[PDB]
Q: 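Dropping a structure here in structure tokens format, bear with me for questions.
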Amino acid sequence: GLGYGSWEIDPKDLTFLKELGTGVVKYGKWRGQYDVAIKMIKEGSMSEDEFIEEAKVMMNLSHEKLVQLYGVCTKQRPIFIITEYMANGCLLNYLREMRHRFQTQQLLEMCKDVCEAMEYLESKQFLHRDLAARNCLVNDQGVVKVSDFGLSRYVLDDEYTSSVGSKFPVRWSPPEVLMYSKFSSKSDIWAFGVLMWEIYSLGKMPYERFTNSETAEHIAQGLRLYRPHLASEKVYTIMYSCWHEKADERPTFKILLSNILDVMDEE
Ligand SMILES: CC(C)(/C=C(\C#N)C(=O)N1CCC[C@@H](n2nc(-c3ccc(Oc4ccccc4)cc3F)c3c(N)ncnc32)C1)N1CCN(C2COC2)CC1
């Protein structure tokens, strides 16, 4: 209504129902009826004007395997990001809960969910820039969706923002990122291969016995993760294809999707 742009949600339309943890995220309703998650952005943590402009672009991204951004509440502090509600939370935690007793068919479907979202982002020339299990969410039906897409661009804490930083995603980064800060579609591809490894490893940390420094050296020497016990040879071939030293030899998300579908048919 009056005073709200298409990207702006009126926070008075929100009903807060549950604390989901930590900025802080809550579960609630929008206009009484619709489930939403509300993420409250810690003051000083984000380049807010830049994020708000990008939120307009992100509003136009729509795919069933991508967490939907509904809008932002910006007339205020902290600002809110309003999204689709994902009842089963973070993929990384979901994987680590051994009660689920996942079949490998379920693990491959999680990979396909993510790959479909990434094929969609690739088709829109939109890089994720921090793809990892910790940045995927799981709904009440067990469907995995990609979250936080592109958001690293607006983080102000310099520990997060380059390889010099102590909170940079070294373990999800190809050699050309670690060496040269060369981001591309192919750095998302590399990260996707690591995500498949996380899925088939039930949420182990990649290179779990190494520091970030040691990981960077391992990768730069041409060495890699190796096959999770739950990955078949064909699944391992797919994740490993994401880790070619030469970025241009790595597949596209379309090719990965075709490979995943082929393995689902065969296994
Ligand atoms: C504390 C606890 C119980 C929780 C978790 C673990 N893990 C856990 O799932 N979290 C963290 C808190 C928050 C949660 N979260 N975040 C979101 C969200 C993400 C992104 C987002 O902005 C976007 C921006 C751009 C584009 C797209 C989205 C908005 C969100 F609202 C969300 C959403 N949309 N729906 C549902 N949940 C949601 C995930 N954990 C921590 C881990 N613990 C383990 C360690 O011992 C057990 C168990 C309990």
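All residue numbers in this chain count up from 1 along the given sequence. Just so you know, ligand 1 is whichever comes first in the structure, and atom 1 is the first atom listed for that ligand.
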Q: Look up the drug at ligand 1 and give its PDB name.
A: rilzabrutinib
Q: I keep wondering which chain grabs rilzabrutinib (ligand 1) the most here. What name does the PDB entry give it?
A: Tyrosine-protein kinase BTK
Q: Can you help me figure out which UniProt domain of chain A most of the residues touching rilzabrutinib (ligand 1) belong to?
A: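 According to UniProt, it is Protein kinase.
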Q: For rilzabrutinib (ligand 1), which is the ligand I care about here, please tell me if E84 has any N or O atom under 3.5 Å from one of the ligand's N or O atoms.
A: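 Min N/O separation from rilzabrutinib (ligand 1) is below 3.5 Å for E84.
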Q: Might you check, step by step, whether the distance between atom 33 (C) of rilzabrutinib (ligand 1) and some protein heavy atom is under 4.0 Å?
A: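 Given the 4.0 Å cut-off, atom 33 (C) of rilzabrutinib (ligand 1) counts as touching protein heavy atoms.
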Q: According to the entry, what is the source organism of chain A?
A: Homo sapiens
Q: Please report whether atom 5 (C) of rilzabrutinib (ligand 1) has a protein non-hydrogen atom at a separation of less than 4.0 Å.
A: no
Q: So which bit of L20 gets within less than 4.0 Å of rilzabrutinib (ligand 1), heavy atoms only: side chain, backbone, both or neither?
A: both
Q: Are any non-hydrogen protein atoms located under 4.0 Å from atom 46 (O) of rilzabrutinib (ligand 1)?
A: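 Under 4.0 Å from atom 46 (O) of rilzabrutinib (ligand 1), zero protein heavy atoms found.
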Q: Can you tell which part of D148 has a heavy atom less than 4.0 Å from rilzabrutinib (ligand 1): side chain, backbone, both or neither?
A: both
Q: Answer yes or no for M58: is there a heavy-atom contact with rilzabrutinib (ligand 1) below 4.0 Å?
A: yes
Q: Can a protein heavy atom be found under 4.0 Å away from atom 49 (C) of rilzabrutinib (ligand 1)?
A: no
Q: Could you tell which UniProt active-site residue in chain A is nearest to rilzabrutinib (ligand 1) and give the heavy-atom distance to 1 Å?
A: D130, 11 Å
Q: Is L69 in contact with rilzabrutinib (ligand 1), taking contact as a heavy-atom separation below 4.0 Å?
A: no
Q: Consider every N or O of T83 and every N or O of rilzabrutinib (ligand 1), then say whether any pair is closer than 3.5 Å.
A: yes
Q: Return a yes/no value: protein heavy atom under 4.0 Å from atom 14 (C) of rilzabrutinib (ligand 1)?
A: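 False for atom 14 (C) of rilzabrutinib (ligand 1).
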Q: Find the residues of chain A UniProt lists as binding dasatinib whose heavy atoms come closer than 4.0 Å to rilzabrutinib (ligand 1).
A: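 By heavy atom, within 4.0 Å of rilzabrutinib (ligand 1), the UniProt hits are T83, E84, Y85, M86.
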Q: From atom 1 (C) of rilzabrutinib (ligand 1), is the closest protein heavy-atom distance below 4.0 Å?
A: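 Flag for atom 1 (C) of rilzabrutinib (ligand 1) set to true, protein heavy atom closer than 4.0 Å.
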Q: Check this for me - rilzabrutinib (ligand 1), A87, N or O atoms closer than 3.5 angstrom, yes or no?
A: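 Checking rilzabrutinib (ligand 1) against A87, no N or O pair falls under 3.5 Å apart.
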Q: OK, so UniProt lists some clofedanol-binding residues in chain A. Which of them have a heavy atom under 4.0 Å from rilzabrutinib (ligand 1)?
A: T83, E84, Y85, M86, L151
Q: Looking at rilzabrutinib (ligand 1), does any of its N/O atoms fall within less than 3.5 Å of an N/O of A37?
A: no
Q: Show which atoms of rilzabrutinib (ligand 1) fall inside a sub-4.0 Å distance from at least one heavy-atom site of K39.
A: 21 (C), 29 (C)
Q: Binding site of rilzabrutinib (ligand 1): which residues fall under 4.0 Å, heavy atoms only?
A: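 The binding site of rilzabrutinib (ligand 1) (heavy atoms) is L20, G21, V25, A37, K39, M58, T83, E84, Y85, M86, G89, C90, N93, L137, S147, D148, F149, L151.
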